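Notes on a structure featuring 1-deoxynojirimycin.
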Amino acid sequence: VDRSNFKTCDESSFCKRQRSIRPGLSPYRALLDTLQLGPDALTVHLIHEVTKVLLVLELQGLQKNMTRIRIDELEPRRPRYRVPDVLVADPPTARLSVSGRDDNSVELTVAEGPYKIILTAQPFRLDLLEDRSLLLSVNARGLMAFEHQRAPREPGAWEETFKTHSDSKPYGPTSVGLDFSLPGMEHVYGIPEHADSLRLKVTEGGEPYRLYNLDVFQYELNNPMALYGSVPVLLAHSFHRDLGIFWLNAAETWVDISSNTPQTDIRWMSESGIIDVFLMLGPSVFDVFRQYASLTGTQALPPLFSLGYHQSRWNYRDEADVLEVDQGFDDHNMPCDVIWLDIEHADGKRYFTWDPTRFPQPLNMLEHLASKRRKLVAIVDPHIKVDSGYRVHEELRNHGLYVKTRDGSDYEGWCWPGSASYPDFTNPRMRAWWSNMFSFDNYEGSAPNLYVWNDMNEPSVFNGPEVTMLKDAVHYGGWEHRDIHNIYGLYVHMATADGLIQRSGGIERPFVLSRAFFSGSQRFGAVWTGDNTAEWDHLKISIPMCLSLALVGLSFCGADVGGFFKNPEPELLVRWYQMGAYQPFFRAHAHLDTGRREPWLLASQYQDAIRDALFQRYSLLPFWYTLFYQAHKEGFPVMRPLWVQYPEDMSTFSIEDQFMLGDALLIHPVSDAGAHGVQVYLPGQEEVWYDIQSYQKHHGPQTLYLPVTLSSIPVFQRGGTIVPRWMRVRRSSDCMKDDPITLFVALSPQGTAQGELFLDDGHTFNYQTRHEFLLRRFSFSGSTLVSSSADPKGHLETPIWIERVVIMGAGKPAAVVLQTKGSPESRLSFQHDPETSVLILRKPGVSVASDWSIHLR
Amino acid sequence: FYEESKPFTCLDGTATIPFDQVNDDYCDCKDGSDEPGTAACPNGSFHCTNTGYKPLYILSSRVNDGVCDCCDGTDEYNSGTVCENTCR
Ligand SMILES: *[C@@H]1O[C@H](CO)[C@@H](O[C@@H]2O[C@H](CO)[C@@H](O)[C@H](O)[C@H]2NC(C)=O)[C@H](O)[C@H]1NC(C)=O
Ligand SMILES: OC[C@H]1NC[C@H](O)[C@@H](O)[C@@H]1O
Ligand SMILES: [Ca+2]
Ligand SMILES: [Ca+2]
């Protein structure tokens with residue numbers, strides 16, 4: 001990384017102004033005589049004692065244990081930005097009642113208790129409690145700072161330069177900031193995207209964490225520099241409680257973290273807009289996940305193929321290369337769902353076009369991939385070549401839909417096609433235009449098996465400050481780029497996803513991968529960690545990075561398998577395939593200057609290890625699909641830190657070399673060259689874990705030193721769970737999506753287990769528009785395995801049947817009896833290993849749509 | 001009085017099963033020899049008879065996968081995909 005190309009806090013004048021304020025007595029005071037209380041909100045004027053600037057505080061109790069604090073100017077020169085399209089609904093309120101009052105304090109009860117809010121007038125403070133437990137304080141260190149809008153036109157407050165880029169800053173200083181205290185909290189997480197540790201570090205002696213969507217070439221590890229996406233959500237965990245803070249601001253934001261009986265203080269500093277903050281009071285982490293999902297929505301249900309393996313590089317040469325890659329997977333018995341086309345596929349980086357030598361017949365190439373039951377992904381970026389012969393440019397220029405400069409002209413920056421303009425994705429008409437461009441009549445050469453990749457959507461501008469758009473560029477409604485920056489990428493993602501839904505007449509689920517993101521991006525598809533490097537520490541950082549995304553609702557995360565930059569040695573490539581195989585978004589991608597790394601190009605030992613990782617992922621597709629359905633329905637993360645499943649185990653709070661998939665699998669991928677074993681922490685008092693390869697049972701809590709070879713992927717199934725698998729691994733997920741299921745029943749020490757399974761057609765909205773799906777609950781206790789409906793609304797005509805049951809931790813029965821409505825009682829044959837206590841039930845033969853029971857006699 | 005037919009023995013000798021466990025869509029032999037006509041075994045093979053032309057063997061995982069693997073199209077017999085004969 002070239003750090004001189006990106007601003008430190010000292011080089012961002014508003015960060016320097018905000019951060020220079022040190023802890024002390026706040027000059028802000030609430031004017032209690034102005035207090036007004038209604039059923040939805042409490043409002044009260046706040047005044048700065050020196051400048052006499054009046055602000056309005058709008059304080060609200062909300063349903064589901066949240067509180068909303070909104071601060072804005074009482075009489076501004078012009079309106080301040082308020083983030084649109086991120087919140088999915090107007091949050092339902094909870095009534096605040098005055099239960100205490102004096103000349104400097106008002107105590108407010110939320111609904112019928114137990115939550116309370118104490119508003120102190122002088123100095124202005126808010127305290128949030130549950131009964132007598134102080135949860136959080138606001139402005140406790142007096143760091144609230146609201147720069148009021150001055151008459152439009154010390155150092156850098158108005159016109160400001162960074163390198164050679166001048167920001168005319170017509171509205172001058174307008175930054176907003178506020179501090180929060182978390183008594184009892186020592187561990188905080190989230191605020192992606194940073195190539196840094198899952199447990200966030202104190203920022204006191206260095207830089208704050210930065211949230212500003214940027215294209216950072218050769219980004220480095222364990223530092224707080226802003227990367228491509230920004231989710232202004234912070235989670236706090238302790239043995240006692242979970243809490244979250246959601247700072248709804250789309251402008252450049254800096255976050256300071258300081259630790260102090262234990263307490264963590266958080267400070268948010270934003271360039272513009274209002275103070276709009278949600279306090280999510282839990283008490284469990286699952287309550288915080290539900291709270292946050294009620295505000296910004298849940299993860300879009302991925303079409304099944306998109307949870308398969310993706311093969312990419314910059315670039316496949318032409319149609320012949322695409323078809324050789326396709327044939328290579330089948331000739332080497334390696335499954336793959338999708339082949340990707342990076343920017344060299346288009347006519348000189350004019351998006352929605354095809355290079356007429358490389359891709360003369362795109363429909364024919366798509367028909368060939370469709371005959372193999374595979375898909376293709378084409379890159380579409382939000383920069384349009386300035387070219388009068390390019391139809392997209394002409395229409396966008398003609399209809400004024402580009403982002404403008406202050407003089408009214410279309411902003412022209414430099415990107416992949418040379419001179420390019422930037423569509424204004426904040427304009428709803430531009431998003432409508434973009435979505436209609438995905439129609440099969442407009443995007444010539446596209447077909448229902450072509451999906452999309454949105455890249456460079458920060459936006460990346462090669463000749464712009466920090467490789468992005470000028471701060472004073474103008475958007476829809478007259479808002480400056482500084483006001484909207486962090487939602488620009490989310491808007492590109494949203495409009496592309498809508499384009500894929502629309503072209504099908506609202507039937508097909510989209511698949512869109514986006515580089516830039518914000519709060520709410522989980523509703524539009526997948527994200528990835530950008531331009532990583534073919535190095536062991538970048539393989540290791542993929543866990544904390546995707547975990548930091550999972551905690552803040554972005555469940556469909558991954559990193560480039562093999563690393564984007566440079567050539568991975570074959571052992572690193574194998575280990576990356578094994579890591580990637582157990583991460584939500586699974587794609588191999590590589591930079592323009594790298595050697596080819598399709599997995600069959602390596603020596604047979606490496607190919608074999610990679611094929612094994614691929615087979616493992618494909619067999620687990622029903623499990624992955626069910627976790628994603630639960631993320632879609634509940635807002636629960638797919639990939640989880642161990643502390644989410646073990647909230648009282650203080651030794652799990654910073655673990656980032658291990659993770660869980662739901663409540664059932666614990667994964668410790670090998671992440672060091674020459675490793676002959678791994679130290680696996682298996683938590684849970686009175687918990688058992690089964691090594692999924694050997695079936696060896698291990699009791700928690702313990703650190704096990706496990707031996708590994710090149711082909712090893714340390715995976716453990718938790719006792720108490722049932723994991724569904726497709727054991728007939730075929731070439732793509734479309735080939736497997738009507739196949740029979742094998743249930744893996746891992747018995748707890750109490751001899752019990754449960755697990756769900758979600759199934760539908762694999763790709764439409766029929767599950768929601770027609771309730772065409774199945775949600776089954778498998779449960780084991782005593783000596784009986786039962787299948788019942790977890791959602792009776794869902795029905796599906798399907799040939800899927802239960803071909804096998806593998807029970808771990810069971811003794812040898814005398815007889816196995818299956819019962820199901822409409823069939824005579826059945827006797828199953830079985831095989832049992834007394835050394836591992838593994839029982840295999842042969843061919844139950846029953847429909848996955850039916851209720852049934854298997855009794856071990 | 002009535003003599004019974006002998007059971008099927010896996011080519012690798014790992015099991016003896018009745019002939020109703022042959023091509024019954026469940027893998028009973030470690031070598032995949034009980035399921036030459038289905039996708040049930042991970043190591044089985046399906047024979048493309050390709051009447052009139054050169055015969056080919058394919059992976060069992062390519063039986064009824066919805067993809068045309070044999071030039072005679074016999075691998076796709078209950079998948080929804082109707083394969084045309086392309087052996088000429
Ligand atoms: C809202 O907050 C209440 C109070 O913390 C939650 O209720 C408590 O839940 C815990 C389990 O996490 C129990 O130990 C307590 O007995 C419950 N207290 C009361 C007063 O019921 C409640 O679950 C939260 N609700 C939501 C929707 O998040
Ligand atoms: O499109 C070229 C290049 N742009 C940047 C992306 O992060 C990378 O994945 C891609 O290959
Ligand atoms: Ca059989
Ligand atoms: Ca086939």
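Every chain is numbered from 1 and lettered A, B, ... according to where its sequence line falls, protein lines coming before strand lines. Excluded from the calculations below are hydrogen atoms, water molecules and symmetry mates; all remaining heavy atoms, backbone and side chain alike, are included. Ligands are counted one by one from 1 in listed order, and the atoms in each one are counted from 1 as well.
- The full list of places where 1-deoxynojirimycin can be found here is ligand 2.
- The macromolecule with the greatest number of heavy-atom pairs within 4.5 Å of 1-deoxynojirimycin (ligand 2) is, in UniProt, named Neutral alpha-glucosidase AB.
- The letters of other chains with a heavy atom under 4.0 Å from 1-deoxynojirimycin (ligand 2) are A.
- The residue from A/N532, A/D342, A/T529 that puts a heavy atom closest to atom 2 (C) of 1-deoxynojirimycin (ligand 2) is A/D342.
- At a heavy-atom distance under 4.0 Å, only side-chain atoms of A/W453, from C-beta outward, approach 1-deoxynojirimycin (ligand 2).
- The shortest separation from a heavy atom of A/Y228 to 1-deoxynojirimycin (ligand 2) is not under 4.0 Å, leaving the residue out of contact.
- The proximity of A/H591 to 1-deoxynojirimycin (ligand 2), defined as any non-hydrogen pair under 4.0 Å, does not occur for either the backbone or the side chain.
- For A/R313, the closest heavy-atom approach to 1-deoxynojirimycin (ligand 2) does not fall below 4.0 Å.
- Of all protein heavy atoms, the one closest to atom 9 (O) of 1-deoxynojirimycin (ligand 2) is A/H589 NE2, 3.1 Å.
- The entry attributes the source of chain A to Mus musculus.
- Note: an N/O pair closer than 3.5 Å links A/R515 and 1-deoxynojirimycin (ligand 2) by distance alone.
- Annotation: A/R587 places no N or O atom under 3.5 Å from an N or O atom of 1-deoxynojirimycin (ligand 2); distance criterion only.
- The single protein non-hydrogen atom nearest to atom 4 (N) of 1-deoxynojirimycin (ligand 2) is A/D455 OD2, 2.8 Å, given as residue, atom name and distance.
- Residue list (UniProt substrate-binding, chain A, heavy atom under 4.0 Å from 1-deoxynojirimycin (ligand 2)): A/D342, A/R515, A/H589.
- The contact residues of 1-deoxynojirimycin (ligand 2), taking heavy atoms under 4.0 Å, are given as A/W314, A/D342, A/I343, A/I379, A/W416, A/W453, A/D455, A/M456, A/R515, A/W528, A/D531, A/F564, A/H589.
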